[PDB]
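Quick look at a structure containing fostamatinib.
Residue indices begin at 1 and follow the sequence shown. Header lists the method as X-ray crystallography, 1.5 Å. Both backbone and side-chain heavy atoms feed into the values below; hydrogens, waters and symmetry mates do not. Order of appearance sets the numbers: ligands from 1, and atoms from 1 within every ligand.
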Amino acid sequence: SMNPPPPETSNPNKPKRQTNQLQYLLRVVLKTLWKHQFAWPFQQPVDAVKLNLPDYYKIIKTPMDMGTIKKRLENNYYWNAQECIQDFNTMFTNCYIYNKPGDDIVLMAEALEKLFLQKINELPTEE
Ligand SMILES: COc1cc(Nc2ncc(F)c(Nc3ccc4c(n3)N(COP(=O)(O)O)C(=O)C(C)(C)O4)n2)cc(OC)c1OC
């Protein structure tokens, strides 16, 4: 049993730029979620080998995690905020698909998502 390669966090062929929205996503949104007490299961790719979840990457074919998102932001991998927002949504959705509703990990994800949505409502206008 093996893990897939993690999602890419840089690509020399993918155009990049900075925007105040992407800055906010790193400095406020990611930062808030990253330091939250429920962040830890989401701070790196799911290690299915270690967790003995041999079915994880059979069920989840679009993995995503905040470690990857953090590196993507730091590496200026994204062109726009919606790409980053999509990654957070993929991360939450994977949890809700793989785990049973009501499991603690689902409650942790829901708490993080609630907080995420609050911060996204406060996204600044593009400069
Ligand atoms: C409920 O299923 C999920 C569980 C998690 N849990 C989850 N997410 C992230 C973790 F870091 C983590 N730590 C963890 C959890 C269980 C563990 C171990 N570590 N280690 C320690 O590894 P290290 O030696 O310290 O490196 C082990 O050695 C064994 C004994 C194999 O059991 N668990 C995380 C999930 O999604 C993000 C899950 O949904 C897929």
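Including duplicates, the parts belonging to fostamatinib are ligand 1.
Ranked by contacts, the top partner of fostamatinib (ligand 1) (the one with most) is named in UniProt as Bromodomain-containing protein 4.
In terms of polar-atom proximity, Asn99 is counted as a contact of fostamatinib (ligand 1), with an N or O under 3.5 Å from an N or O of the ligand. Of the candidates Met91, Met108, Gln44, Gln44 brings a heavy atom nearest to atom 11 (F) of fostamatinib (ligand 1). Source organism of chain A in the entry: Homo sapiens. The UniProt domain of chain A holding most contacts with fostamatinib (ligand 1) is Bromo 1. Using a 4.0 Å cut-off to heavy atoms of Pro41, the atoms of fostamatinib (ligand 1) that qualify are 8 (N), 9 (C), 37 (C). Ligand-side atoms of fostamatinib (ligand 1) in range of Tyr98: 40 (C), range being under 4.0 angstrom from any heavy atom. Within a 4.0 Å radius of atom 8 (N) of fostamatinib (ligand 1), the protein contributes one or more non-hydrogen atoms.
Put simply, atom 19 (N) of fostamatinib (ligand 1) has no protein non-hydrogen atoms near it, under 4.0 Å away. For atom 22 (O) of fostamatinib (ligand 1), the nearest protein heavy atom (residue, atom name, distance) is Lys50 CE, 3.5 Å. Here the shortest heavy-atom distance to atom 17 (C) of fostamatinib (ligand 1), taken over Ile97, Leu51, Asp65, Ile60, belongs to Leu51. Other-chain residues and nucleotides with a heavy atom under 4.0 Å from fostamatinib (ligand 1) are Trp40, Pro41, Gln44, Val46, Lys50, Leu51, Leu53, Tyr56, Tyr98, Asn99.
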